[PDB]
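Chain identifiers are assigned alphabetically (A, B, ...) following the order of the sequence lines, protein sequences preceding nucleic acid strands; residue numbering begins at 1 within each chain. Non-standard residues appear under their parent amino acid or as X, and any extra atoms they carry are left out of the contact counts.
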There are 2 protein chains.
Amino acid sequence: XXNXXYX
Amino acid sequence: XXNXXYX
Ligand SMILES: *[C@@H]1O[C@H](CO)[C@@H](O)[C@H](O)[C@H]1O[C@H]1C[C@](C)(N)[C@H](O)[C@H](C)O1
Ligand SMILES: *[C@@H]1O[C@H](CO)[C@@H](O)[C@H](O)[C@H]1O[C@H]1C[C@](C)(N)[C@H](O)[C@H](C)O1
Ligand SMILES: [Cl-]
Ligand SMILES: [Cl-]
Ligand SMILES: [Cl-]
Ligand SMILES: [Cl-]
């Protein structure tokens, strides 16, 4: 993970 | 990707 979003 | 670094 480590990313974010939101999709 | 998804991992990091820095090499
Ligand atoms: C992770 O490194 C890339 C280069 O490969 C940069 O372009 C990017 O800004 C950097 O990402 C940030 C944001 C993220 C992905 N949510 C994490 O918090 C990382 C550690 O920092
Ligand atoms: C997403 O990350 C930001 C930056 O650290 C926090 O401010 C935010 O609280 C966080 O979102 C929470 C709530 C969410 C979107 N429902 C998910 O549970 C994420 C993983 O954590
Ligand atoms: Cl994560
Ligand atoms: Cl992070
Ligand atoms: Cl999402
Ligand atoms: Cl690197």
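The drug observed at chain A carries the PDB name vancomycin. This PDB entry labels chain A with the name vancomycin.
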